[PDB]
Amino acid sequence: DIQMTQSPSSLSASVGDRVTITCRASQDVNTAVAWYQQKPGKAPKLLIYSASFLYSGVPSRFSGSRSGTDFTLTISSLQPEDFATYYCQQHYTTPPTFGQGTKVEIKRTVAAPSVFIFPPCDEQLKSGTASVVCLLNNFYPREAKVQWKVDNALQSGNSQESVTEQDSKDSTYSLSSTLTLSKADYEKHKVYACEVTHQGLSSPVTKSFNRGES
Amino acid sequence: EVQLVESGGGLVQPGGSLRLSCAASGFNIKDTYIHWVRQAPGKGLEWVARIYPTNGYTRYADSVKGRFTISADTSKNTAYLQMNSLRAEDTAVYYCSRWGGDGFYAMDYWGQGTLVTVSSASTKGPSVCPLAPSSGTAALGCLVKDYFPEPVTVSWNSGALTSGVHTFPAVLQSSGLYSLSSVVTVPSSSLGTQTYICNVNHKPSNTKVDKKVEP
């Protein structure tokens with residue numbers, strides 16, 4: 001099959017910026033290339049067909065062009081809504097093949113997260129596991145260090161993070177970090193703390209509670 | 001009104017089989033080619049197969065040929081994907097799609113996708129745990145723990161509360177079970193003036209839950 005090599009793998013540009021996404025065919029593919037936009041949890045959507053033709057109902061800021069085996073997608077003026085993974089596609093010969101995608105990210109001013117810690121509930125405990133949740137709300141950039149401390153001892157390998165997609169309007173992220181212990185282990189400790197380090201905070205923020213008080 | 005709707009996806013054991021369907025309306029599939037394209041969680045798009053429903057000619061990607069069979073029924077306006085000898089690698093959302101045109105070979109319309117999970121692990125419903133606001137801005141939430149397979153959906157106050165809501169992508173734990181949090185930020189003074197209920201639905205296990213989040 002024909003390989004479609006897409007670069008860059010990800011990028012960050014501000015609102016109003018001219019973004020350029022490149023895709024290179026390994027063999028001749030004529031002008032039989034299309035471009036798609038995929039938002040998380042949803043189907044791909046057609047932007048461009050036959051290399052250079054805007055598909056109806058797509059904004060004019062999306063355009064396309066060809067240079068032999070090089071194919072380019074240009075977003076002339078990036079918008080907050082354009083957060084997505086973009087894919088090129090040749091359909092010149094079977095199998096039709098996709099590039100591996102380009103994750104576009106909206107760059108903006110720094111914003112510090114508010115932080116919240118949640119203790120485990122009575123229902124979950126009896127099952128033999130306790131989950132402690134730390135929430136970072138509406139922050140930018142994505143990059144954030146979230147550290148768990150239990151009785152002031154730094155934890156490793158027992159937490160998992162998840163992050164929402166960039167907010168369609170204010171271009172921030174939110175983040176959940178869940179610390180999972182056993183009911184037995186959780187019952188042996190008092191102070192549960194979530195420590196957050198981030199570009200927008202002048203020094204690390206800590207939120208904690210004590211087991212036995214809540 | 002052009003619509004493509006996939007069905008048949010679900011949980012099936014490795015070595016087993018499953019039949020998917022792609023029902024078309026607003027156009028006749030005889031006038032074009034229909035494709036199946038799949039996406040494994042976190043991965044790119046992979047074309048699986050296609051069919052020209054008029055004469056029934058089929059093509060397959062190497063990764064599925066001999067195991068998968070694409071077909072169509074032009075009178076029912078529907079394409080099918082018979083999937084046999086299923087492997088862990090086949091786990092993906094499966095989209096059906098069309099070219100829909102004479103000299104227009106881009107994929108202009110796509111269905112919403114059907115999730116195929118190939119695993120020996122059995123179905124299990126989530127426990128739903130309220131995350132209480134502790135006391136500017138207050139936060140509360142719901143933890144939806146240890147369910148399998150995906151997907152879980154969550155809304156707040158039957159979809160009436162949307163502002164400030166964050167429903168996080170599920171994480172896969174080492175146990176082989178999923179869990180996810182949904183939270184919402186609200187004004188601290190609002191805590192005495194409204195109830196907050198998270199509505200959790202896990203279709204695979206037919207588990208519906210409505211937990212009130214009390215301060």
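Letters A, B, ... are given to chains in the order of the sequence lines, protein chains preceding strands, and every chain is numbered from 1.
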Under what name is the drug at chains A and B recorded? trastuzumab
What name is recorded for chain A in this PDB entry? IgG1, light chain
What molecule name does the PDB attach to chain B? IgG1, heavy chain
